[PDB]
Visitor: 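Take this structure, written in structure tokens, and hold onto it; I'll ask about it next.
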Amino acid sequence: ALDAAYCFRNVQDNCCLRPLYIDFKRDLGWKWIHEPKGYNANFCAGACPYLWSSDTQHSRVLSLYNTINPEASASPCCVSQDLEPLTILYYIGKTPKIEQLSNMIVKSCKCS
Amino acid sequence: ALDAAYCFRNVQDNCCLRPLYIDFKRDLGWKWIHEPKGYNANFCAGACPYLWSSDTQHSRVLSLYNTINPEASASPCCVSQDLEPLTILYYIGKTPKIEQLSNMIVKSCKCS
Amino acid sequence: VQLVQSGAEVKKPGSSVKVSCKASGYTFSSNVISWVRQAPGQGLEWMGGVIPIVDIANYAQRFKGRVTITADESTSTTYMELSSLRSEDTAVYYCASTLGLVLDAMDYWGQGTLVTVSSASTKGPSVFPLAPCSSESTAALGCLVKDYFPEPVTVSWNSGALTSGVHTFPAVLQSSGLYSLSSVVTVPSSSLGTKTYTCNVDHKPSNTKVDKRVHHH
Amino acid sequence: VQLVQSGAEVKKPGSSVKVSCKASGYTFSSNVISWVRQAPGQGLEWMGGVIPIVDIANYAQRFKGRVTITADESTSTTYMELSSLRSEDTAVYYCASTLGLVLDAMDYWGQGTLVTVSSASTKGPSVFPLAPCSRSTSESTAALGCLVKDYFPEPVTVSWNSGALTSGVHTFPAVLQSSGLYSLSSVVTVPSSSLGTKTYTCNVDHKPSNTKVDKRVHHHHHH
Amino acid sequence: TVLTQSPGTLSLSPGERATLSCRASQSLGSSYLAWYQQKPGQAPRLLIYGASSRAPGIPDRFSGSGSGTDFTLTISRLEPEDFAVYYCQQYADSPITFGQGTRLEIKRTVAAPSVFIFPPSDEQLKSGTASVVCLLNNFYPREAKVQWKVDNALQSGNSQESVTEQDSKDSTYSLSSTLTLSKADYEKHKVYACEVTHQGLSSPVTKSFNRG
Amino acid sequence: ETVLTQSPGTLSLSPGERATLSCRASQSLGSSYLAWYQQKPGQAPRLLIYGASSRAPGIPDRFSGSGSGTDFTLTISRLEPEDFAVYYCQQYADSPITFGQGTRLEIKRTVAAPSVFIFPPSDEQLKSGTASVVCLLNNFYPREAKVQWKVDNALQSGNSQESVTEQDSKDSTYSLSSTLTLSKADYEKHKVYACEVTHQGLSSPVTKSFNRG
């Protein structure tokens, strides 16, 4: 599993969960939001070598094709597998509003 | 949709469905299939700019984060959306065998 | 930053209208769009708004029930849909970008979208003279531009050579659902019988061009 | 390119055996792996094969229902599992890769794996020296050896001087004795001049009983 | 929240100072009020936000102040381009509410209207409709009343009035009132009159015509 | 299932000669569905020919195959002494894959008489209560050899096991070990232990004995 447990505790140049903090006002220009001020979104990055955390038959086949013919640029990509929501607080005038935004945090990765 | 209809009829440097015909013997070294000799596997490649065919909220947010801070290497990645099976024929001696291999062909793309 | 709205629309009563508003790219990613309406010769009415990147909409209580504000991720466009249209929904609809918060001051505005609610079809005007019957130094003449649809009509006197004393009135919507307009001109009585007065009327929607010479009763 | 198989095994009847086969390199992703057995009785028999990545296994009728052939592409290893073992399943099991098709000629083979199917108990060998009388040593060439007695099951590995001595060596095929235990002799012919000058040691390894014996063979009898 | 703007109309000359008021039905704090300028046929223009902050690019002559329930917009050295409608907006409590507006017109001396009555044309009567038109020309202030009388019977619900924007040259207004009848009905009557009431008229003026 | 019949079962020829091995199939195999293997002692089969006539990668030119339908042939044109092995044919025309019973190929060399050696049991073994007397016949040809055990001239039977090595790929000879097994009790009752060897390469039988004195 390409999760925090493995990825953050070990050095990896192939597809792995990478840490990333997003500050709303700084990084996105979202001035409408009260709380939190940012979050640990994380991202998926790294090489997709032959059979490394392959999602579907197509990714298995391409990891192989791209081992043989790298020139074609047809490699599978390092992407999100498991995601988590992020609870936000924002105001409509004096009115506080609690919203759940789904699939905001990436928890695990895969090669697709 | 990032399918054949759009992608093959238009020039795009951004995430799009790319044509790819994989030859069994030449490209993968699979000498066991009788028919077909290869197949239009296709692949997904290209840039994932702000709000271009975003999969999840995370993909939307990171398309934005990566517009602001490209240096972080946190860009969403061009990946498979709709997958289709491939029907093959192989022989066990004189016995013909028909197999549907699932998720062999990519029909559309997404930025994840 | 520029907000570009969809063109003017004519809708039958009981119908529904979807008004679009395209934004200058990254003002969708960070901004909030508000929708405000202004009925003819009235003040401003806030309808609601949306946070485009997350598609969260908020409405004014008198507008939930007939309004839907949506965001199109791709096209960088916000949509506002008003249903069960009545004559009182004839207005100019504006989208505006807020200063930052959900409820805030609005700095960038779209050009506006006129939504006219009428059962009427395109009709060219009937141009009638306006002349008195009865000593005075100044006399008035005019022409009545009646039963047309939709707005606008252009009115000039003597192909533009006559501008002084001219008053073209704002159009009024009649009980029939057709517009009516009057254009007048005040002239020295000495001119009457010596000078010619033609009112030039143009209604591009019906391809009507009328030249009406005005006499006396 | 090389196929390396797991070591020899002893299995009680009715039991099951899992034999592994590791492939050196990036050839696992492309070849059909076949399993063939060879018993003195029935001779060479094809069991079945597996196509990798797509993971299609195909079996010979006489084995369908008892065999499972699996491919762990991560370790580049193929496994063969044969269940409901009977005495007739005692054989050398080979994995081989085919030339291309599911049923084809096989170019690369593993070293083989001996599977013994018996209810009998594992016993380590007794290693004894074989030295002449010093009376009969009246020639230019002498023979020495060691006797690997009363072990079960097969096989035993026999080397002389840790492999440094290969010339003149004859390790005899094991014979099954009246007791139901195997016996083997390994001999070496040497120049008589060597006797008493050179050290001769036969190294015996019986993995099933975890026996490792190093036996010094003295140049003549009673030692 | 209700925002009450005062006055409804403010009459001044270029170079003068305008003081517009917004009174709120409940406290808005000090950062939740904005001012807008709207010129004819255009979108509102943000002038002030958060009671006192000038919006980007807004001239220095525009200034705002206030807290709680009382807010003020001050326009100094009035330019002719400033003669428009001004609205206040609150964003302290949902829903956003606006004030009724304050019109900023050019001041001038009281001018009584020149009244004119027009009988319907025979061309129109052929169509089956009769539009009788009453014109009130070049008057100041904008407030004027028009009553239609057909054979002394006071008419209501059968007329539409329209007013011009303030004249750029003379600073006056003009008004047209159109009484609409059917040919059938028009023919049943003799005297058509429009009675005009305005500040510059000592007593109401009537302009009539008989169907002779 | 297809049955492959190989003939002859055994064949011994001299270096330089030509070997012709036959595979006869119970049903037609076409012409591309037969392979030949060489199997040396203690080793896995080695692919020689595939598709009835194609030499496998790196195979010497002296190996050749031919045939179609039901009759196939493997030919070794200029036998080398290293050519000793068991040769198998394999069909892959019809499921399941089937093999032939094998053909053992022996490579003739000049008659070589065995060097005989006798080994008394070690005292280490005698302590355990058993006595194994070993007779070794080394580097002989042909394979046929007789060994008689004599204890004080009394001919022994039913108390010995022989073991023969496979033909040595280098010198083309055989070696044989014969093991006479007695109990310590019985071994001690006797004096002279001898093994009499008979072989074509010996003018008359040779005896190697040891006396416990």
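Lettering follows sequence order; numbering is per chain, from 1. Only this structure's heavy atoms are used, side chains among them; waters, hydrogens and symmetry mates stay out.
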Visitor: Match the molecule at chains D and F to one of MORAb-009, VRC01, GC1008.
Guide: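 The answer is GC1008.
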Visitor: Just wondering - which macromolecule does GC1008 (chains D and F) hug the most here, in the naming of the PDB entry?
Guide: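 The largest share of contacts goes to Transforming growth factor beta-2.
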Visitor: Which other polymer chains sit within a heavy-atom distance below 4.5 Å of GC1008 (chains D and F)?
Guide: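 Heavy atoms from other chains: A, B.
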Visitor: Curious: which chain of GC1008 (chains D and F) has the most non-hydrogen atom pairs within 4.5 Å of chain B?
Guide: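 The heavy-atom pair count is highest for chain D.
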Visitor: According to the entry, what is the source organism of chain B?
Guide: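 Going by the entry: Homo sapiens.
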Visitor: In this structure, which residues of chain B have heavy atoms within 4.5 Å of heavy atoms of GC1008 (chains D and F)?
Guide: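 Non-hydrogen contacts point to B/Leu28, B/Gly29, B/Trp30, B/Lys31, B/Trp32, B/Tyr90, B/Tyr91, B/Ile92, B/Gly93, B/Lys94, B/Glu99, B/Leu101.
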Visitor: For chain B, which residues of GC1008 (chains D and F) form the paratope at a non-hydrogen distance of less than 4.5 Å?
Guide: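 Heavy-atom contacts to chain B involve D/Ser29, D/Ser30, D/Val32, D/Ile51, D/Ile53, D/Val54, D/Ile56, D/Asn58, D/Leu99, D/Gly100, D/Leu101, D/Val102, D/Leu103, F/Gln27, F/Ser28, F/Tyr92, F/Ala93, F/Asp94, F/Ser95.
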